[PDB]
Amino acid sequence: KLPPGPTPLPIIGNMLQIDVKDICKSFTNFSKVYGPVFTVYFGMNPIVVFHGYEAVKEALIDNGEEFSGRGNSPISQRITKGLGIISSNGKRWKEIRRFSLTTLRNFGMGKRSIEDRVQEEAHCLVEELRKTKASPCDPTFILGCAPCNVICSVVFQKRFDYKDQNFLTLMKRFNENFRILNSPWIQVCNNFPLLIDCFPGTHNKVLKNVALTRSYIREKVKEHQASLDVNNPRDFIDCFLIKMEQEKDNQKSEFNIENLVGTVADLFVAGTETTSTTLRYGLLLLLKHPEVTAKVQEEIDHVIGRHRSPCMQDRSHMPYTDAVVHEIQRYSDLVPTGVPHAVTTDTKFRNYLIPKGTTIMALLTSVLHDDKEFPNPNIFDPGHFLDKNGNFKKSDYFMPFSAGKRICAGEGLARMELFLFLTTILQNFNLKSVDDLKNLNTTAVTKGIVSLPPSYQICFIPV
Ligand code: HEM
Ligand SMILES: CC(C)(O)c1ccccc1CC[C@@H](SCC1(CC(=O)O)CC1)c1cccc(/C=C/c2ccc3ccc(Cl)cc3n2)c1
Ligand SMILES: CCCCCCCCCCCCCCCC(=O)O
């Protein structure tokens, strides 16, 4: 008894009724014809889509457990092999996530807090930006090296030097796979597996980058083993190695060198491109909206000054900069469809029964753009996260990190990098448009699962 929906054609399903590019605009129109919940078939596979705050919440939150499964697929499977945190499910997930969540706490990796790794990075970033010499440029590459280096710093103790070859290769690697896997073709090939054979070259490249990466990590993990100081862990690998030590006897324990190379890999994948995107998107918005930046720089001056580096602690005294960072995520809507889930067993959702394994889809964007909770949801405006007094106004509708039992495993780190990197930049630079702001477009290109901001150029003018 799946929820209603467009009756499918045989063999293909509703495919030709869904714009594979902006598949969310497609879903939104379906909702106006079948309501909050509904089923669509990609190929022979059913997919029950949830639209609106109440549907997404009732599902993800209220029925948390049953909706905490990761919808998987032919591609996702052959890349990860069910290893790691993102793609795993059941027992192996719960144990890896729980270990990951606590090991990723501000101090969960030893004497050196993560904030300190982020703050040091926000530094090198500002230094690289000075190198542009105020000249117009595409911030994409520079902005990407920071979030990627933060992860390096979190899993490999030390951060790389931007010119270091290993870092550049480590990046291209992940970027290439990011671009491949973000093609509308992925949605097709995932449902019509046979069509993967039609992409020999691309198939090999993806697997090759994945293969090479695993090697590098493993080579790097041995370095950690042969130098492990059990009493004070250096990074993420140390913590895992220590945990592995304890389970030494349990032959069915998840903590083995295999999930370690996996979970590490996942960390880059899960926190590099997403952060980089929101960052690049955030600057574009601060550029397009000058009267906004001015206020943020005003808080920065008033609460941090030119006297020192911003730290997470200032955020409690900077309501506006907080509203901005919240509105940047709400507006830029990084993952409109959220990441596909799957119900854990036969699940009951008001009048409907959803078979175990079915693919779920909680449309985050439908929440982030609720027109009642956010009047004029399509205009970037910090007011959305501000009360009549200029005080921060938290929202239950703020789900860019998703919700429920499978909410972003690195939200904190994510929120920390956005606030640090963004305030640290605005402190040392002012944003200048190569052209006229009016000629500046801020509409995303959703030719894929990860919405992207339009390409642009900017001039970092040292204050
Ligand atoms: C701009 C920043 C980021 C955003 C908006 C974002 C958001 C997301 C979203 C929407 C999900 C899927 C949640 C679901 O299952 O429904 C996710 C999960 C995940 N994120 Fe992020 N992310 C970002 C950065 C980070 C960072 C910096 C890390 C690194 C620690 C991280 C690691 C993860 C991991 C490991 C998962 C998979 C969790 C699981 O399946 O149990 N994320 N993220
Ligand atoms: C990548 C992204 C968008 O930043 C992200 C961030 C946080 C959480 C999820 C995601 C989506 C990652 C999704 S891509 C899903 C797709 C559809 C499907 O197969 O079901 C679009 C193909 C995903 C889910 C589970 C595991 C993975 C593992 C990826 C991975 C694993 C190891 C890798 C080693 C080297 C390289 Cl160069 C790339 C590697 N990539 C990816
Ligand atoms: C083991 C993992 C295999 C993954 C195979 C993924 C196959 C899908 C390849 C899609 C390639 C799309 C290339 C077109 C790029 C473009 O010009 O838009």
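The numbers used for chain A are those of the PDB entry, and the residues that appear cover 28-490, in sequence. Every heavy atom of this structure was used, including side-chain atoms; hydrogens, water molecules and symmetry mates were not. According to its header, this structure was worked out by X-ray crystallography, 2.8 Å. Read the numbers this way: they start at 1 and go in the same order the structure lists the ligands and their atoms.
Looking at ligand 2, the drug there is montelukast. The main binding partner of montelukast (ligand 2) here is, in the terms of UniProt, Cytochrome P450 2C8. Residues of chain A that UniProt gives as binding substrate and that have a heavy atom less than 4.0 Å from montelukast (ligand 2): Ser100, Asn204. The PDB header gives the source organism of chain A as Homo sapiens. With the cut-off at 4.0 Å and only heavy atoms counted, the binding site of montelukast (ligand 2) comes to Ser100, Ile102, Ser103, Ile106, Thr107, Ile113, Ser114, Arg200, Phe201, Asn204, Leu208, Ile213, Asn217, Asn236, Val237, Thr240, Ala292, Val296, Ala297, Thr301, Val366, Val477.
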